[PDB]
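The following structure holds posaconazole.
Note on naming: letters A, B, ... go to the chains in the order of the sequence lines (proteins, then strands), and numbering restarts at 1 for each one. All ligand and atom numbering here is 1-based and tracks the order in the structure. Per deposition record, electron microscopy, 3.8 Å. Heavy-atom basis, side chains included; hydrogens, waters and symmetry copies ignored.
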Amino acid sequence: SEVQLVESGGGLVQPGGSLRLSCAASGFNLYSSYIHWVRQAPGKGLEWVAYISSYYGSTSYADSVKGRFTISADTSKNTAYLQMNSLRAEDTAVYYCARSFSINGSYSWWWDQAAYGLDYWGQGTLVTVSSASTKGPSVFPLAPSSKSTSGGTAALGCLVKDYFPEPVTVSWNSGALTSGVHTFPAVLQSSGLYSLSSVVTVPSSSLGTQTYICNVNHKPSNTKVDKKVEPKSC
Amino acid sequence: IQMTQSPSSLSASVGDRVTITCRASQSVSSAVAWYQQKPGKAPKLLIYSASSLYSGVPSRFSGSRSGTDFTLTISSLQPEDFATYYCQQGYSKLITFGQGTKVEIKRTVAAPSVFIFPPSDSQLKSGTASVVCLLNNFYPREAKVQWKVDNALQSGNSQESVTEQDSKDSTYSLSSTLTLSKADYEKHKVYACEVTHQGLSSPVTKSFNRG
Amino acid sequence: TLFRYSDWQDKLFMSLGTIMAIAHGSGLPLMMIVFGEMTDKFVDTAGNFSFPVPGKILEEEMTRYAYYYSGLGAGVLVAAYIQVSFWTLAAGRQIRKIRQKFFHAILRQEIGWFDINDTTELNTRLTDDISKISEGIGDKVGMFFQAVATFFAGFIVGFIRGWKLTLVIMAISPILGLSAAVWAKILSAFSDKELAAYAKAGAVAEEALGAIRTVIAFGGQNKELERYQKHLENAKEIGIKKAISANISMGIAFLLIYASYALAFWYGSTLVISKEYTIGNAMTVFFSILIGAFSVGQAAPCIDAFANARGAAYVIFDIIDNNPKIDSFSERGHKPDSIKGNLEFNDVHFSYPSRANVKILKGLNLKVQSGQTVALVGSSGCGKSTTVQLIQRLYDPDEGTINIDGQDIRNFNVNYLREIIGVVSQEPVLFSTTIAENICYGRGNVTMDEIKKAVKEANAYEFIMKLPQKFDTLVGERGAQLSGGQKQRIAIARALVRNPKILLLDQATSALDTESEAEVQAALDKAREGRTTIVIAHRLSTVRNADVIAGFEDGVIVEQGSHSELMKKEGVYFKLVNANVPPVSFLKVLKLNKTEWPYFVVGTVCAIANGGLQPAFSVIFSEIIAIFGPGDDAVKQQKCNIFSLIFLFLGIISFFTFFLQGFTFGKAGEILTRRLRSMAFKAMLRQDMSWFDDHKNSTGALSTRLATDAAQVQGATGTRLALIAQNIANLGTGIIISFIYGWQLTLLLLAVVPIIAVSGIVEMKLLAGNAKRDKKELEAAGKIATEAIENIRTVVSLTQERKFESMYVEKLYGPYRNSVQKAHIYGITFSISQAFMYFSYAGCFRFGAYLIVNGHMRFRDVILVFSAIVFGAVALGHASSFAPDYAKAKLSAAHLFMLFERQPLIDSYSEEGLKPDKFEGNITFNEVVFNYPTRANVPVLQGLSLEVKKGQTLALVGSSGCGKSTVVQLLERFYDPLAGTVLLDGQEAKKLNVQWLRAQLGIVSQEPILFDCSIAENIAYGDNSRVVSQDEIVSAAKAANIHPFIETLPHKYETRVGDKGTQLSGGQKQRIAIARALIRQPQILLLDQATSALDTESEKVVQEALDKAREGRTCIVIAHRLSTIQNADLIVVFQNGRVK
Ligand SMILES: CCCCC/C=C\C/C=C\CCCCCCCC(=O)OC[C@H](COP(=O)([O-])OCC[N+](C)(C)C)OC(=O)CCCCCCC/C=C\C/C=C/CCCCC
Ligand SMILES: CC[C@@H]([C@H](C)O)n1ncn(-c2ccc(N3CCN(c4ccc(OC[C@@H]5CO[C@@](Cn6cncn6)(c6ccc(F)cc6F)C5)cc4)CC3)cc2)c1=O
Ligand SMILES: CC(C)CCC[C@@H](C)[C@H]1CC[C@H]2[C@@H]3CC=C4C[C@@H](O)CC[C@]4(C)[C@H]3CC[C@]12C
Ligand SMILES: CC(C)CCC[C@@H](C)[C@H]1CC[C@H]2[C@@H]3CC=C4C[C@@H](O)CC[C@]4(C)[C@H]3CC[C@]12C
Ligand SMILES: CC(C)CCC[C@@H](C)[C@H]1CC[C@H]2[C@@H]3CC=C4C[C@@H](O)CC[C@]4(C)[C@H]3CC[C@]12C
Ligand SMILES: CC(C)CCC[C@@H](C)[C@H]1CC[C@H]2[C@@H]3CC=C4C[C@@H](O)CC[C@]4(C)[C@H]3CC[C@]12C
Ligand SMILES: CC(C)CCC[C@@H](C)[C@H]1CC[C@H]2[C@@H]3CC=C4C[C@@H](O)CC[C@]4(C)[C@H]3CC[C@]12C
Ligand SMILES: CC(C)CCC[C@@H](C)[C@H]1CC[C@H]2[C@@H]3CC=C4C[C@@H](O)CC[C@]4(C)[C@H]3CC[C@]12C
């Protein structure tokens, strides 16, 4: 067929936990080429993790994980496991599988293991390492100040706060207007929770006539919320 | 076996010679690669071994080697570009992708406009505040800001986020969230926020009163 | 004796193959005769005047000799080729005739014969044993004859050419004879002891793999693994002995062999000093006797293989000549042609040979008038389908009689008898062909009008005008691309294109809707106009349209009548009314032991020594020729004393190094075999109950996996490393010397070495290609035969064996053409092999004469180079073919490396999962949809709900195996539901720690087993992970009401209930199960049919014991005794996997 690597597993654990990430290939035989496990930081960079070759039985881990993670490669059903143990807080990254390159076309030799690059990948399963669990994001509307720019470009929004886990949808005019709306990405709060702020630019020419709502919809907490926007008055 | 994509976060315009240097560790010796990744989506393989392209890849991308000064250069820049490239190297059971670069589009310096808003009394009850003195529609990305509560060098109480460059006219925005617990935001009256940008002939100063 | 099936052309083939076998075998000794004469001329002319700078006589003689050599080469070319082909052609032809006649007499073989034996034994017998005969009679006989030829020719050329020396040599033979013979007795006895001890310690895996399920419930992995290790650590003590003994003996053999060399050389040095036997005639006797020895030595297995040939062919011939009771193929039968539909029975008794300890027929007395329909009823367990099978005489009853119009059942020519009647059975199976072709097989020759008219009338035409490729769709392996009710309708279309005179209808309306049933009913009704039809009763709502209606109570006519005649007749009817095997590397099979590297190091250093021993004998031989040029006796004879000793020094050093290499690698091998045995078993036990419930991973095949493939891996690990190392030394210094000495002869001979060497390689390549194509064609015909060894009873019913015979032949003719290609492919390269050994002499020596004349290298150097290379390659060949089959133990390693890594979805070892502290036995089912992914076509549970409360009970009433055992499993979490959830104690069982969950669920299954231990050891198996106090046993021994009878036994808690423990009843070993489930203090029970061997009291006592501690804790019960169902707390029925 066409080369198709998918992943599985993954989705929640705290520090001190196990997990199993299963990369199932489709379109080729597993034991012909090498298999790696890259890990994309949440917003920072892209760092290798391991590999295994099931035709010379040769495994190899990067330092930061040695002894802790274990790879394996079940060639009864074209599958490549990565079992994880004792996860910290510096491992919330997303974890793509990958297949290292071969030049001949149908197998790879031992010399120069994966020195021609990695060609096919999957789409990463995102994993996390937070304590406790998730809570509700009580919004506190960023009401435009009464010192608003008279007939200028007025900022206004609301702060959806203490919410987990990602994502949450924040819409304006209840899905009828998001011009000038910037959904600032989810930034993390010290104890482990999050905060995002969605603000919009408006002229003060209409501040009397039109009055809006920031519309929040926090799906994994089983809750959908509203809170009207108002130009704040002393 | 360490890798350094030295000119991190490039800022080149469409239609120009564009350069990337990815200076390696010692002697990888032509076994490096070059990956281009558009955000959120898996990285692609662009070229390998520092010379020779993959399949399906356009022939406007140049790979150059010299000793251990590598280079990935461009001249076409079809706007399908503008992502982040990572130059992994692979050698002796140790593979390292180095910390890559990005490519920012060019535009005129966009005047930054600041907005400050005291936290909602709807909010102060829970025992905290989170006041935001952010910015909007500024170019370039480099903006220095100063919280100054009751005329003080506020440090360590700022966590700023920034969206990715606008697709249409390519400016930025900013959100800075100064938080304060209940025991704090009750004893100070004038809360002053400052910004510093080259678009501003004068680094300005947002403020308010606690009422 | 064994060559019966032979035309004349076979005999001509064999004989014109044998004579040329002999005339090939005699081809080296003549070669040595000429070698003698030529070295004589060379060394004579050399010493009598060496000419490093009138000599052309040397050339005249050497060209003469080149003609002799090559002319001899041509001779062996032709004779080699003919030996190979003609022998393998006679092989192929005779084996094809064999196969064909064997089938045609397995179809003629009755069903009693099928009731006796197995049905994979047969097909495997076919495939393997026919290959066994083929290789046996095939060609090994040719090679054996050429062996005896080269032998007697070696000794004769000896005595003819110099007799004193030949007697010296042949005199000490009986000592080498005694030596290698006691070598054989030693090694054979030790192999026997070793194997017997293992197979005494491998019945454990076979009694704890024939019962994987009870184990994997009660938590008995590690108890087993340790019952295994404790036995492998007995067998190592004898493994080691065999290692040292066999390899001492091998070293001895070489000490003696090298001792023989020294003796002969010193003697035939005194007898050359005396000017009696010249070097040319002195080297002749030497080498000819050497060649005699090597050939006749290296052809013993071509006798073991012939023995295998006979050993197989015995049973095959035993069957082809076998001749049964009533013959499915003899036209000797008094077949009437006009007859009514009369069917009269009387006092027929019939028992089974395969089951004679239960009377199944008890004397039936029924009359069937012509046309009048009787409809048969009866309960579950009397033998209806049995009676049908009888009516058509697949057997012979004991002391009764059936007749048609009084005419005997021994009258009807069986083709007539089973082509005149028709039957549709419980599951009439469809073979692997079309629809039109199944129907054609209905009769054999029919009309398309009959076709569509039956098809329609058979209620079964719509899907045809719906089916893909409407007319000719492929109903493949066991009817997967169908509905249910279509299969009985299509069977009825087949059976109606038959136009029978007696019809039989059995359970063919079990998964239909009513209307289609009624259609086919009225269709056979409007078909019966003078004939009878007998039908076995599924639902007594349609039986009503009968002339007479009959029931059974133990096989006799018990109740006979029509509707109202029985409705008040009060018998039984009244109560019834309401394969990739991913290849492995080498590196991986090795990494399987990088914890005996010291042994590999000793052994490979030692090996390289042992194997670089020829370049010695090349340079030694060079020096022997060198000393004999000028002619000063005094110092010659002293040099020759020296060289006899050197041979003696090599005879000792060879002993030590042989014994090391052998013994060291014996140790490494034994160790790795013990480790792979243990590891693989332990990995078997950790697999979910699907993998074991396959037709591929049976107990036979797994037990073979352990008992041979573990052994075979050592081949590819150690011996192949020793062997690569050997040959590198044997032929690296070869070429290194031969380049320091022959700048230019060496290249020329290197340009021939590959032929003598790559006979084997080119044959491996092409023989492998054709062996693949063969095995494929063989597997086609094997399919066609697996059919009528599986679906036998049907095929003899339709009598349509004889169509399968020709269908079989049509494929059999594939592999025969395969063989006829293999002949020529094999032979031409074999002959170039044996053929090209002579042309090398010719070329090399003629060229060396060229140089010597021109003056590039002394004759001692041409003899060096030539010996170092040519006897190099010829030694390489024998070395290699001493190894064990590396192609066959690089796959074996693959078959264990796939059993190692395979990750079961339900890991029976895992240390994770929510552990619940204290457990309330609240079991719940949520519309659980289920099917065995083995026969994945019938959804066993079609959405099922059940819910029981603590201390309470459930109980599922109904019919046998209706979907009533699968519930017993989905809690023990063998299988997982296709759909549905079984959340336990409020929480989902797809989240518990499986190792924990089964620790609360005590079970008394339908057939409890007692292992090969003592009874104490056996019950206290009831709990593991904590040893059982002896009183715990005793406590349950009074609980389940069993402590008394124990006090009668020899060893109360210590008697041995053996393999199955045949010392026991059904009611006591079943009772032990209660003893067994109760030591765990199990929360929920599952008392699946504990009373099928429990007597009244045995159960009637223990139910008090079953429930008393069951009080305060649930139980599901799925049994058959109403008098337990009634007092139960709850109630459920199961109809086709559904509740109502
Ligand atoms: C030349 C003088 C003639 C001496 C005659 C020698 C033997 C014949 C003596 C009596 C006849 C007895 C009939 C023997 C019946 C079968 C026994 C036999 O005998 O079995 C051949 C022998 C073993 O048989 P196998 O294949 O089973 O071995 C593997 C052994 N186990 C299986 C244990 C690993 O063979 C072997 O292995 C090892 C053989 C060692 C050969 C070493 C090669 C050196 C080559 C040339 C050097 C020659 C110099 C002569 C100088 C002449 C001067 C002009
Ligand atoms: C048990 C653990 C196992 C471990 C774990 O691997 N293990 N441990 C130890 N071994 C082991 C070690 C060594 C052996 N060898 C057996 C074979 N050898 C041998 C040497 C010289 C030979 O002849 C010299 C030339 C050849 O041609 C001749 C004779 N000739 C022609 N056709 C046939 N013979 C000839 C030809 C044409 C002419 F015109 C005249 C001639 F004279 C003279 C023949 C054979 C020595 C090596 C076997 C097994 C193991 O395998
Ligand atoms: C493919 C097979 C059949 C190879 C055929 C090779 C045969 C036909 C060749 C091999 C080398 C040849 C011999 C080599 C040596 C010479 C010596 C010369 O003074 C006369 C020809 C003579 C005697 C040649 C005869 C033919 C010969 C034996
Ligand atoms: C097993 C044995 C008997 C096979 C028969 C060997 C035959 C084929 C060998 C043995 C003797 C050989 C012949 C001996 C004499 C010569 C003289 C030479 O100048 C031309 C070839 C010729 C005529 C030889 C041709 C090949 C030959 C006929
Ligand atoms: C076991 C039997 C059937 C093997 C048959 C061997 C016969 C065919 C072989 C064995 C030894 C051979 C003889 C050995 C010695 C002589 C005398 C010599 O000056 C030339 C070769 C010649 C004339 C050979 C003729 C063929 C021969 C007799
Ligand atoms: C059964 C086995 C051991 C018999 C071996 C025979 C050996 C031991 C004997 C038998 C006949 C012997 C030869 C008989 C005659 C003589 C003459 C003498 O002045 C020197 C030794 C010499 C040349 C002998 C050499 C050794 C010899 C070959
Ligand atoms: C079958 C085997 C065990 C036979 C025993 C080997 C005997 C026959 C061989 C082994 C080595 C030989 C001896 C080696 C050394 C000596 C002394 C030397 O200056 C002349 C030869 C002589 C006298 C040899 C006689 C024969 C001899 C003893
Ligand atoms: C098939 C292989 C093993 C044998 C091939 C034989 C060839 C390589 C050998 C056989 C006999 C040799 C020839 C025999 C006679 C002479 C004549 C002389 O004035 C020059 C060398 C020359 C011309 C030799 C050259 C090589 C030669 C033809």
- Query: Which parts of this structure should be attributed to posaconazole?
  - Reply: ligand 2
- For posaconazole, which chain gives the most heavy-atom pairs within 4.5 Å, and what name does UniProt use for it? Phosphatidylcholine translocator ABCB4
- Item | posaconazole: other chains within a non-hydrogen distance below 4.0 Å | C
- Heavy-atom distance under 4.0 Å from posaconazole: which UniProt transmembrane segments of chain C, counted from the N terminus, qualify? 5, 6, 7, 8, 9, 11, 12
